[PDB]
Structure formats: C-alpha cells, structure tokens
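Order of the sequence lines fixes the chain letters, A, B, ..., with proteins taken first and strands second; residue numbering starts at 1 for each chain. Any modification is hidden behind the parent amino acid or an X, and its added atoms are not counted in contacts.
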2 protein chains.
Amino acid sequence: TXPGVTXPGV
Amino acid sequence: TXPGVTXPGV
DNA sequence: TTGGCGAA
DNA sequence: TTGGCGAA
Ligand code: NA
Ligand code: NA
C-alpha cells in the first residue's frame, strides 16, 4: 500500500 | 527506515 | 545480511 | 508479477 501502508496497486 | 521512511536498523 | 512494512 | 518505499 501507499507508500506506506504502492497503491494498491502499483 | 521506520517503518516507514525498520529503524534503521532492524 | 537484516528489517518484512502493507493489497490488489 | 508488480510496486521498490527507505539506512545503518
Ligand atoms: Na547492502
Ligand atoms: Na502474490
């Protein structure tokens, strides 16, 4: 996720 | 780092 | 080398 | 499979 917590996605 | 941005370190 | 974050 | 986050 994120960042943070990529995306999702990407 | 962090998380985010572990530690460092660990 | 290790940390393992945080879903679609 | 991809994203590549962010130093000691
Ligand atoms: Na290294
Ligand atoms: Na998977």
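This structure shows the drug at chain B to be actinomycin D. By chain letter, those with a heavy atom nearer than 4.5 Å to actinomycin D (chain B) are C, D. Under the naming in the PDB entry, the designation for chain B is Actinomycin D.
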